[PDB]
Amino acid sequence: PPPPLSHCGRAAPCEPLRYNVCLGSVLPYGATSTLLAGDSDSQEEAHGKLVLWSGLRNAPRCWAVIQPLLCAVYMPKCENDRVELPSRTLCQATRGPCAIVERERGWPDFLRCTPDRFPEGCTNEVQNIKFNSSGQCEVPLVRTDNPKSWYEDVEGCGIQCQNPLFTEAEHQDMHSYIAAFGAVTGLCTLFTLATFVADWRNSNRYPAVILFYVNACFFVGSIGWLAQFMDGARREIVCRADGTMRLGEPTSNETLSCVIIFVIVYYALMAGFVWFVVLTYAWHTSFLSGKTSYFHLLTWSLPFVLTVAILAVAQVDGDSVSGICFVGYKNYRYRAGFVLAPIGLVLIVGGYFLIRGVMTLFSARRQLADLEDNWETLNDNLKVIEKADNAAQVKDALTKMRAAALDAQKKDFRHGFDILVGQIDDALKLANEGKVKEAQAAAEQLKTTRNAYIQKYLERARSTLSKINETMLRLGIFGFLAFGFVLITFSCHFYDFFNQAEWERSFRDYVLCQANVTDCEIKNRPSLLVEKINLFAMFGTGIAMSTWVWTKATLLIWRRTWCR
Ligand SMILES: CS(=O)(=O)c1ccc(C(=O)Nc2ccc(Cl)c(-c3ccccn3)c2)c(Cl)c1
Ligand SMILES: *[C@@H]1O[C@H](CO)[C@@H](O)[C@H](O)[C@H]1NC(C)=O
């Protein structure tokens, strides 16, 4: 029994302990003092302050070091009218893990590690006392030892893998939607690819070959989206090794599984849009075999660059609702710059080719509509000269035929119309002179020039309009239909980015309030039905482009291979 040092003590009247327990541990000493605790001026009041301090049970790292400190200040050892001052080593041990205390409320003057009221080289009785109460994390926080997993300053607790803003039943509902849409797309797109490889001889040709790689992109995308449906795959792709949600991937000492599924989904998504722009450019140029090298470069290099960029900045995060890893689930700025930015460009570039595509379709359609209008004006006015008996009537119909000839005129075509124009002038002089018989005979000469040379150009014009009937219009229908779905996808990704500033605030507010309790309400969360609309647009194009081989010719392709 050695006598303790003068500086490690403080002269105080020692009153007996009311409670024989401090924060779930027995006390050996009998007397205490309420002067070390500034706020407390009674033992009952000290226990009333200790029960508020015990609210730090959550966050084990702080709770493990604050328990011997709180008992050394509020319920300390008092013997021979002197209270034991707590050692600075016991005090400094809290400064680090209990950094949350300084931030949330701030350390009081009596609980600050100053050389006075906290001296060095002092042996405490609380140091001998062992506390077994620790390791408590309030859900949605899960107990983890990984420092790169601890949510905010709550050292010891990390954010759980399952999204706390959505229920277990709601997850099941979204996963049922992804399974159904994924399987239908997966089977439809594979069928198209199987039909294309079966007739590869004829199939590897523009513009049909474009749709083959389009489907290939939607097939790979389906594999990545359906990957979560393997036993325990969703809680391997989206969940970290400790059980926390995956963030900032590629991260150190963690399975590549997350960035694998991200690369498969995002790359096949982006390459699908570059192949869409190729399809729209093909519909523009239809009105290309030597450009195959240029097509395959941009469709596989540009998405590669964007994917490598995301992996370099490490912005791959995982959502339990989607069941896949993606760019910018946490930091939406990186999502907009890598999802809305390229999808924004494909609507500008791809759309421009669809606009100039219909522009040329209706321009060439108008050319024959105007030339057939002038053909009838010539035919009807010739019947007027035939019907006419007056020299003024013949003169009137020839002047109408002359204006219609010049209107239809605007080298092989120019030479032919000059003969007709010249013949009208030769006929016009006869009408001016008063001759009706000679002018009517001259009009019949225009019929022979029309019936053998001008007729051939009209026949060639009507034939080109019949060329547009099937494939020329089919590619356009698929191009506009795909554009529609891309416009839906853009709107859904934009809606998310728009409200992600408030959804971050509401997610943070719900997790931090549930961290401590002896009700918490979700302010606002992202709309799942809008996410279902996005998946309807994504998988919708997958099935919509799969209908290219939905022709009568493909039925005979499968019948021929059946015999083989
Ligand atoms: C509240 S938060 O943590 O900011 C958060 C949480 C979840 C999301 C979110 O929308 N997740 C999600 C949930 C479900 C789906 Cl299907 C998707 C999706 C849709 C289309 C393409 C790829 N993934 C995405 C977002 Cl943007 C933000
Ligand atoms: C629990 O943590 C919140 C901050 O997330 C804080 O406002 C609250 O005071 C803490 N509870 C206790 C009892 O200290």
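The first residue in the sequence is number 1, and the count goes up from there. Worth knowing before you read on, the calculation uses all heavy atoms, side chains too, and leaves out hydrogens, waters and symmetry mates. Both ligands and their constituent atoms are indexed starting at 1 by order of listing.
Here the macromolecule with the greatest number of atom pairs within 4.5 Å of ligand 1 is listed in UniProt as Protein smoothened.
Selecting from aztreonam, vismodegib, tiagabine, the compound at ligand 1 turns out to be vismodegib. The residues lying within 4.0 Å of vismodegib, counted on heavy atoms, are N163, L165, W225, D319, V321, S322, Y329, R335, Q500, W503, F507, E531, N534, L535, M538. Among the cholesterol-binding residues UniProt records for chain A, the set within 4.0 Å of vismodegib by heavy-atom distance is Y329. Transmembrane segments of chain A (UniProt order, N terminus first) with a heavy atom under 4.0 Å from vismodegib: 2, 7.
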